[PDB]
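Going by the PDB entry, the residues shown for chain A are 27-57, 59-238, 240-252, 254-290, listed in order. Counting starts at 1 for both ligands and their atoms, following the listed order.
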Amino acid sequence: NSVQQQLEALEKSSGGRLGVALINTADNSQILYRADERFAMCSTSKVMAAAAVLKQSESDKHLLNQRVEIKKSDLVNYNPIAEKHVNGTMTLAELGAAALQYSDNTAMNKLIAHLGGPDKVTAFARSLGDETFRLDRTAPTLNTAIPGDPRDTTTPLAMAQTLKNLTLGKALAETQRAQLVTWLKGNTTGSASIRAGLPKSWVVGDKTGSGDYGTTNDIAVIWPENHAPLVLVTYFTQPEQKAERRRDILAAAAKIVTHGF
Ligand SMILES: *C(=O)[C@@H](NC(=O)Cc1ccccc1)[C@@H]1N[C@@H](C(=O)O)C(C)(C)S1
């Protein structure tokens, strides 16, 4: 019962479409399941927005500190930290933190706003050699996850490759890179996703995602106790527009692929 057989059974039993991509930084080997298929990134795209700003902070020693005003008209569906700062301000850095660690949607838009639109995030991705990733809308519409809809999608492999480069590779300058990582490890929303499928003693930084069509995503970087890091992307989506999220499926995927590390 190969890993693939385990994944296939998982997908089948879930009555959904599972997308998995793990890269073992130890030997650069990987495990792939529908990893070349497009899935709606949902909030996992936030990482690209954050990295985009860190990249330009490399060239702007003042950037990250710059303050941003938070008005009640900025609030959208999910703004856990943006609200607390309505009538006050938030620095680019704080926005980055709220967007990744709490997946604050207002935060994401501010970041997109600052960058010059979704098209810019896409450009930043292209500049990072990622030719798959594409951001088309802002929060929360980027979370429609309509089957076969090209907008705001990527492939598990492409995201997996990029996450690696950003967190453990040549993408960001050391300081920025470390900052990104710090944010990912601090995420508070992935407790039941990938993290729930790994040894509790292992270090993980991740960015979850939720959307229509019961789309359930999580992308993470894992630091095993005595092994090189592992980069894992787990996307899951369903046929019925109002299907429930299945974070447990993500956990199962992680447990499955994580085995033997
Ligand atoms: C990113 O995916 C954001 N998603 C939404 O705004 C749509 C949504 C879906 C289900 C319930 C509420 C809102 C935010 N990121 C996800 C996530 O990290 O899983 C949230 C559920 C935090 S909303």
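The molecule at ligand 1 is the drug named benzylpenicillin (bound form). Per the PDB entry, the macromolecule in most contact with benzylpenicillin (bound form, ligand 1) is Toho-1 beta-lactamase. Atom numbering of benzylpenicillin (bound form, ligand 1) starts at 1 in the shown order; those under 4.0 Å from a heavy atom of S130 are 1 (C), 14 (C), 15 (N), 18 (O). The closest protein non-hydrogen atom to atom 2 (O) of benzylpenicillin (bound form, ligand 1) is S70 OG, 2.3 Å.
Counting only heavy atoms of the protein, atom 8 (C) of benzylpenicillin (bound form, ligand 1) lies nearest to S237 O, 3.7 Å.
Summary of contacts: the protein heavy atom closest to atom 23 (S) of benzylpenicillin (bound form, ligand 1) is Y105 CD2, 3.9 Å. Summary of contacts: the protein heavy atom closest to atom 12 (C) of benzylpenicillin (bound form, ligand 1) is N104 ND2, 5.0 Å.
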